[PDB]
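The model presented next includes diphenhydramine.
Note that chain A is numbered according to the PDB entry, with residues 5-292 shown in order. As a basis for the values below, the full set of heavy atoms in this structure was taken, side chains included, without hydrogen atoms, waters or symmetry mates. Looks like X-ray crystallography, 1.9 Å, at least that's what the header says. Read the numbers this way: they start at 1 and go in the same order the structure lists the ligands and their atoms.
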Amino acid sequence: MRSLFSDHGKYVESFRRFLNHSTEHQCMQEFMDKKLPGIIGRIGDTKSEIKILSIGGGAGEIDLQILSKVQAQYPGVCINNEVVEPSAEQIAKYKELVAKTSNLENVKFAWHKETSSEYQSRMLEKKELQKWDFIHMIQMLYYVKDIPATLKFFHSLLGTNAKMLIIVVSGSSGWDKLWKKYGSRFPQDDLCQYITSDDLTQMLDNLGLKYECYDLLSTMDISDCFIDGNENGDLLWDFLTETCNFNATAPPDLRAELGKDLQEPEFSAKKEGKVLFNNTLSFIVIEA
Ligand SMILES: Nc1ncnc2c1ncn2[C@@H]1O[C@H](CSCC[C@H](N)C(=O)O)[C@@H](O)[C@H]1O
Ligand SMILES: CN(C)CCOC(c1ccccc1)c1ccccc1
């Protein structure tokens, strides 16, 4: 079997299906609407510039949501929003979104096409550690090799009253049950590792950092996955399993087992015939 990651065209089509077949971004929009204001409400105090470091910012959708809340809290204050993103393709879409969006006149953007570890090394030999007011790592720690080192390093870059936000799937999510039970059966690329809030809270406790973790229910419409030959269903099958052409390349036995479990309460909830996979997210806020 081939991991969905070794086929950009596939991964992109699969992912796109995901965002359009779940409450991922809405769930986050809810957090940004009801929680973020209180979280970043004092990060700009006493400053004439608010520095925001986006790690794994991707295409910029969530980043702008965040920018909107900081501006609302600090009218007229200049914002330096730097992005660390290894994908040239993502960076291009990000810049495109910025141009097509209004009310961003007070924000300065800067994109660094590198990974978070490459950014770290590039900074360490600068023998001048810069400070940031808000650092966020949204749904990207899966792609980081050394997580504890990453957490300690970026936490060391937090300035006065600064905060760091990390988002990953919750240990109570369906993904957690999925990876525990079928993880070994799925393809394995050294380009990613399974991570849940459980892993991060253990690491944070051991690092001795101060933090708070909040979970918000989120679902993934897996209904269509049941209909044979269905377009949306199969696309979502590849995603969920992180494999190219699952409903056609995966052993018939594995397909049956998994197909049944996805129906179990541990993984999903059957509401109005609609099958909703548990995509609960965890939002972790670390203090300077
Ligand atoms: N080692 C690494 N360091 C930083 N970003 C990385 C990375 N490996 C992958 N990424 C980036 O991590 C992102 C994961 S998808 C992230 C979603 C984005 N933050 C938003 O919520 O929509 C992609 O844009 C990807 O290219
Ligand atoms: C992050 N959300 C979208 C949950 C699904 O996570 C997935 C995932 C991410 C991208 C594409 C398919 C599946 C994952 C697989 C392996 C290692 C780490 C994560």
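- Lab note - all copies counted, diphenhydramine located at ligand 2.
- Counting heavy-atom pairs under 4.5 Å, the chain with the most contacts to diphenhydramine (ligand 2) is listed in UniProt as Histamine N-methyltransferase.
- Among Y198, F243, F9, the residue whose heavy atom sits closest to atom 3 (C) of diphenhydramine (ligand 2) is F243.
- In the entry, the organism recorded for chain A is Homo sapiens.
- Diphenhydramine (ligand 2) places these atoms under 4.0 Å from at least one heavy atom of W179: 4 (C), 5 (C).
- Atoms of diphenhydramine (ligand 2) lying under 4.0 Å from any heavy atom of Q197, numbered from 1 in the order shown and given with element: 17 (C), 18 (C).
- Close contacts of diphenhydramine (ligand 2) with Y147, meaning ligand atoms under 4.0 Å from a residue heavy atom, involve 9 (C), 10 (C).
- Close approach of diphenhydramine (ligand 2) to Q143 is summarised as follows: ligand atoms under 4.0 Å from at least one heavy atom of the residue are 1 (C), 2 (N).
- Each of the atoms 16 (C), 17 (C) of diphenhydramine (ligand 2) lies under 4.0 Å from some heavy atom of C196.
- Heavy-atom distances between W183 and diphenhydramine (ligand 2) reach below 4.0 Å in at least one pair.
- Using a 4.0 Å cut-off to heavy atoms of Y146, the atoms of diphenhydramine (ligand 2) that qualify are 1 (C), 18 (C), 19 (C).
- Note on diphenhydramine (ligand 2): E28 sits outside its first shell, no heavy atom being nearer than 4.0 Å.
- Counted by heavy atoms under 4.0 Å from diphenhydramine (ligand 2), the UniProt substrate-binding residues of chain A that qualify: none.
- In this structure, residues within 4.0 Å of diphenhydramine (ligand 2) (heavy atoms) are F9, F22, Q143, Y146, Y147, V173, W179, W183, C196, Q197, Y198, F243.
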